Each structure stands twice: as structure tokens, then as C-alpha cells.
> 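Quick one: the structure is below, and I'll ask about it shortly.
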Amino acid sequence: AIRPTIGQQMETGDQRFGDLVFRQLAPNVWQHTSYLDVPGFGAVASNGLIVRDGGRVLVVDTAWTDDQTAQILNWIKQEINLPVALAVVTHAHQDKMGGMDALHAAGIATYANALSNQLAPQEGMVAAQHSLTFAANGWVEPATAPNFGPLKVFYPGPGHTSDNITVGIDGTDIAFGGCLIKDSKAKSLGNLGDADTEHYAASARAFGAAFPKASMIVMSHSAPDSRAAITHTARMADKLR
Ligand SMILES: CC1(C)S[C@H]([C@H](NC(=O)[C@H](N)c2ccccc2)C(=O)O)N[C@H]1C(=O)O
């Protein structure tokens, strides 16, 4: 088993595949988990999603690296055997966009916040091939997110980064907060180096209001949690201002 220094541990319901871990969350949704080995510190887990939508699959976030992201595509090929139509990546940091080149080599259409694509070169990332844009209330402009099936993309405002986006899975009670949301038992909001400490609390709450009936909150570095992940994150963020 993989025992990361940071990130959730393995429990019943987890499938080890190569260097990665997969967990079924719903009949059509799986969480992918990949691990960055930090020398002298140990492994840091990062989570994303895989969603089946009829005869195709949709991905949220890459793994940390190209090779790990290729392993995600191999797991999808083995376990689902349907083509990946597109991937949405949730901001320009390594845990979310480190594996773009693997997606592109596979011919998968990639989407990110226009701002994430603009920041990518400055963050040592490769931009997605398509840019999402957002309304004044945070909802994605639908013309920029064609054929997204159940993925409902919401920009909650600046928080963990200025470009962080979130994704609800329509037809389920699952919503994905990425690195913006930490779990209900977290001590810290994680890396605040690129964070907006003034607006973080409002952005966390806006995510909760965007998906008000999501009962399972998925996030980058903990196991899926209740809505208390959202409220606890917001309460921690209240202390930043
Ligand atoms: C788990 C993290 C504390 S690190 C990760 C991200 N950092 C990276 O992807 C870095 N490339 C990195 C550097 C050193 C060690 C691990 C990751 C960030 O800055 O938000 N997301 C952070 C977070 O979600 O709070």
C-alpha cells in the first residue's frame, strides 16, 4: 500500500494500479490519486476525477506528472474501455496540470480557465488547448464548454489561487473543489503562496452556493467529505482577513 505523508490513506474500496490509486465514488464517477515523492518528506497525494458519460469518459485534473497521467489513461482503457473526450484542469499548478503533455499525446481535448492558460508558462506548465471563460457570477460561459455532458464548471472567485475553478457532476450529488477546499478536519489551508487571502472565504462559500445539494465534496488532498469541508474551509479562511 501507498502511505503518503500528505493526502488520504488507503481504505477499503481503493484499487492500486501501477503507482496510482482509484476509488469508485458513484456508478459513473471515480477518483484518481497520484503521488509526488518529495525528497526527504515523502509522498504527497493529489486527487482528480474520472466520469463516464454514455460512450465516453471525461477527466478532471491531470496527475502530478506525464507518466502518472498516462497511467490514468491506461486504467481507463483497462477498466472502462471508452475514449476520453476531454479533460478539465482546475488551475495552473503541478498537481492539477503537471501531466498535460500526456493528455495531448493521447489526442484528448483539454480545457482550463483562460487565466490558467495565461499563467501556465509562468508556472512551468503547458496550457490547455482551449480556454474557459466565466460570467460575473462565476458560471462558465457555455459556448466555451461545448459538449461537457454532466460537468458543470464554476469559477468561485480567487482563493487558493486567482484562477482556481471547481466542477459539479450533474446527475450526481458530487462536486469537486480541487485545492480550494480542504477537509472538515484540516488544520491548514495548504499553500497560501499564490492565494488571495482577502477573498478566499467568500470564494469557498460561493462554491458551496453553486452546488447547494452536493453532499459529497471531493478535493485535491483528502478523501471525499461532507459539506463540512466547505464550511470548515470558509471558517479557516475567515481568519485570513
Ligand atoms: C498540497 C499543496 C500544499 S502543494 C500543491 C501546489 N504545489 C505544487 O504543485 C508544487 N509544484 C509543489 C512543490 C513542492 C512540493 C509539492 C508540490 C500548490 O502550490 O498549490 N497544492 C497545495 C494545496 O493544495 O494547498
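We're numbering straight along the sequence, starting at 1. When a ligand or atom number is given, it counts from 1 through the structure's own listing order. Looking at the header, which is where the method is noted, we find X-ray crystallography, 1.3 Å.
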> Not sure I'm reading this right - what drug is at ligand 1?
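Recorded as ampicillin (open form).
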> Give, per UniProt, the macromolecule that holds ampicillin (open form) with the most contacts.
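Chief contact partner: Metallo-beta-lactamase type 2.
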> May I ask whether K96 has any heavy atom positioned less than 4.0 angstrom from an atom of ampicillin (open form)?
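No.
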> Could a heavy atom of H91 be found less than 4.0 Å from some atom of ampicillin (open form)?
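No, that is not the case, since the closest heavy atom of the residue is not under 4.0 Å from the ligand.
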> Report the member of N164, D95, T161, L189 with the shortest heavy-atom distance to atom 6 (C) of ampicillin (open form).
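Looking at heavy atoms only, the winner is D95.
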> Just let me know how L36 lines up against ampicillin (open form), side chain, backbone, both or neither, with a heavy-atom cut-off below 4.0 Å.
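For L36, only side-chain atoms sit under 4.0 Å from ampicillin (open form).
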> Answer yes or no for atom 9 (O) of ampicillin (open form): protein heavy atom present at a distance under 4.0 Å?
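Within 4.0 Å: yes, protein heavy atom nearby.
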> Can you tell which of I6, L192, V44, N191 gets a heavy atom nearest to atom 3 (C) of ampicillin (open form)?
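Residue with the shortest heavy-atom distance to the ligand atom: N191.
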> Just to confirm, does any protein heavy atom lie below 4.0 Å from atom 16 (C) of ampicillin (open form)?
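It does; a protein heavy atom is within 4.0 Å.
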> UniProt Zn(2+)-binding residues in chain A with a heavy atom under 4.0 Å from ampicillin (open form)?
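By heavy-atom distance, the UniProt-listed hits: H93, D95, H160, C179, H221.
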> Run the numbers for me: atoms of ampicillin (open form), each under 4.0 Å from some heavy atom of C179, listed by number.
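Heavy-atom distances to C179 below 4.0 Å select 24 (O).
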> I need the atoms of ampicillin (open form) closer than 4.0 Å to a non-hydrogen atom of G190, numbered in the order shown.
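Near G190, the atoms of ampicillin (open form) are 25 (O).
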> For ampicillin (open form), which atoms, with element, lie under 4.0 Å from some heavy atom of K182?
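Every atom of ampicillin (open form) under 4.0 Å from some heavy atom of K182: 23 (C), 24 (O), 25 (O).
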> Which UniProt substrate-binding residues in chain A pass a heavy-atom distance cut-off of 4.0 Å to ampicillin (open form)?
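Heavy atoms under 4.0 Å from ampicillin (open form), UniProt residues: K182, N191.
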> Taking distance alone, with no angle check, do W64 and ampicillin (open form) share an N/O pair under 3.5 Å?
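N/O-N/O distance under 3.5 Å: no.
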> Might you check, step by step, whether the distance between atom 1 (C) of ampicillin (open form) and some protein heavy atom is under 4.0 Å?
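Protein heavy atoms within 4.0 Å of atom 1 (C) of ampicillin (open form) - there is at least one.
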> Of the listed options (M219, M97, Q94, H93), which comes nearest to atom 11 (N) of ampicillin (open form) when hydrogens are ignored and any heavy atom counts?
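Checking each option, the heavy atom nearest atom 11 (N) of ampicillin (open form) is found in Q94.
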> Which residues, given by chain and number, make up the 4.0 Å heavy-atom shell around ampicillin (open form)?
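Going by non-hydrogen atoms, it's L36, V38, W64, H93, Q94, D95, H160, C179, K182, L189, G190, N191, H221.
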